[PDB]
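Bound state: Mast/stem cell growth factor receptor Kit + ponatinib.
All residue numbers in this chain count up from 1 along the given sequence. Values below: all heavy atoms of this structure, side chains included; hydrogens, waters and symmetry mates excluded. Both counts, for ligands and for their atoms, begin at 1 and track the order of listing.
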Amino acid sequence: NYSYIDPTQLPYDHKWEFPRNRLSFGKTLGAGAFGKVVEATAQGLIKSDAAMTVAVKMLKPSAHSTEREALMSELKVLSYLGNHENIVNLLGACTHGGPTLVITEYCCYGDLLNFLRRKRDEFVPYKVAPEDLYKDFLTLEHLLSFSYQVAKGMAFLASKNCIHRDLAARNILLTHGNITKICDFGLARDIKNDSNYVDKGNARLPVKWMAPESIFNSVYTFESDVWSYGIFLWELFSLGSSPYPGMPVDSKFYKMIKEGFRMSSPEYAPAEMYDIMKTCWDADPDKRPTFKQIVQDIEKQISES
Ligand SMILES: Cc1ccc(C(=O)Nc2ccc(CN3CCN(C)CC3)c(C(F)(F)F)c2)cc1C#Cc1cnc2cccnn12
Ligand SMILES: [Cl-]
Ligand SMILES: [Cl-]
Ligand SMILES: [Cl-]
Ligand SMILES: [Cl-]
């Protein structure tokens with residue numbers, strides 16, 4: 001599950017350890033068969049005795065030994081990555097005296113996919129009438145900023161030799177100020193009943209976001225994440241539509257991907273952003289751009305707009 005890094009050899013820094021009893025669990029933010037993410041308040045996180053709201057990831061009583069390893073391995077990965085601007089920020093953890101708890105920041109606006117669909121109908125391509133700024137309409141400027149932030153976050157993950165493997169709008173959190181945080185819901189997502197994940201072998205995988213080498217050879221690299229980022233761009237500029245609309249993942253889908261069929265540009269994608277999508281979807285991973293190159297490309301687009 002780890003292409004390059006070895007989490008078993010990666011230490012869990014004990015500066016992260018947080019007292020279990022100082023958390024007050026609240027509403028459930030998301031849940032899968034074995035794990036869940038809950039909103040919570042932590043008492044002694046901030047130096048002054050003032051409480052702050054956090055999100056906590058934990059396993060359910062249904063979880064087995066495989067999931068207990070995965071949650072601890074996830075904590076080691078998050079601790080190894082450290083805090084970054086474009087990544088959801090680990091705040092602490094609880095590792096003894098009970099089950100593993102992973103504490104991160106709370107992102108007020110939820111996941112990006114639901115945000116795009118919530119904002120889709122009032123989307124504004126050009127400038128917002130200056131009286132209408134209180135409406136906080138979704139604009140093309142916001143979409144470009146989202147692509148830029150996620151590309152920077154993925155560039156940082158690549159620099160840490162880390163492969164995301166499930167990059168999609170559903171795995172992007174959104175905070176105040178239209179700032180995105182890459183995340184991985186993992187076990188806290190009900191992939192069993194999520195139509196975006198597809199039965200393949202004995203796993204359920206996000207096939208429509210996956211590069212061919214990941215589908216057919218189970219190969220995950222920096223450049224297979226780049227492919228997923230291209231699908232994410234299509235999600236973004238279609239305002240939250242499902243990729244390859246109307247095409248179920250079946251034998252014809254695999255042949256069409258293999259033979260070079262690619263999606264058309266979504267209705268709201270600038271031509272230069274669609275140019276990025278096509279290069280991300282190159283059958284040859286070596287011909288695909290790097291995330292660092294994508295950041296440079298998008299940065300020039302934002303300046304010239
Ligand atoms: C409590 C919690 C715990 C953990 C994580 C989490 O995303 N962990 C994570 C695990 C791994 C990876 C990277 N790997 C991917 C796999 N890959 C094979 C290895 C590398 C990353 C990543 F960000 F770097 F991508 C993140 C998020 C939350 C949340 C939350 C939260 C905050 N506000 C809200 C509002 C609504 C809902 N949730 N929510
Ligand atoms: Cl546990
Ligand atoms: Cl990894
Ligand atoms: Cl916002
Ligand atoms: Cl074209």
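- Taking every copy into account, the model assigns ponatinib to ligand 1.
- The heavy-atom binding site of ponatinib at 4.0 Å consists of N1, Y2, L29, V37, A55, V56, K57, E74, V77, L78, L81, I87, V88, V102, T104, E105, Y106, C107, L157, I163, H164, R165, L173, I182, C183, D184, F185.
- Between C107 and ponatinib, at least one N/O pair is under 3.5 Å apart.
- Of the residues UniProt lists as binding ATP in chain A, a heavy atom under 4.0 Å from ponatinib is found for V37, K57, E105, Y106, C107.
- Protein heavy atom closest to atom 34 (C) of ponatinib, with residue, atom name and distance, is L29 CD1, 3.7 Å.
- Remark: ponatinib and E74 share an N or O pair separated by less than 3.5 Å (distance only, no angle test).
- Nearby ligands and ions of ponatinib, counting only those under 4.0 Å: ligand 3 (chloride ion).
- If you number the atoms of ponatinib from 1 as listed, the ones under 4.0 Å from a heavy atom of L81 come out as 24 (F).
- For atom 28 (C) of ponatinib, the nearest protein heavy atom (residue, atom name, distance) is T104 OG1, 3.6 Å.
- Numbered from 1 in the order shown, with element, the atoms of ponatinib that lie under 4.0 Å from a heavy atom of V56 read 1 (C).
- Distances below 4.0 Å separate heavy atoms of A55 from the following atoms of ponatinib: 1 (C), 30 (C), 31 (C), 32 (C).
- When only non-hydrogen protein atoms are considered, atom 11 (C) of ponatinib lies nearest to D184 CB, 3.9 Å.
- Heavy-atom proximity to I87, at under 4.0 Å, picks out these atoms of ponatinib: 23 (F), 24 (F).
- Nearest UniProt active-site residue in chain A relative to ponatinib (non-hydrogen distance, 1 Å): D166, 6 Å.
- The shortest N/O to N/O separation between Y2 and ponatinib does not fall below 3.5 Å.
- Mapped onto UniProt domains, most residues of chain A near ponatinib sit in Protein kinase.
- Ponatinib places these atoms under 4.0 Å from at least one heavy atom of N1: 18 (C).
- Counting only heavy atoms, ponatinib sits under 4.0 Å from the following UniProt Mg(2+)-binding residues in chain A: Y2, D184.
- Listed by number with element, the atoms of ponatinib under 4.0 angstrom from any heavy atom of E105 are 32 (C), 33 (N).
- Ranking protein heavy atoms by distance to atom 14 (N) of ponatinib, first place goes to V77 CG1, 4.4 Å.
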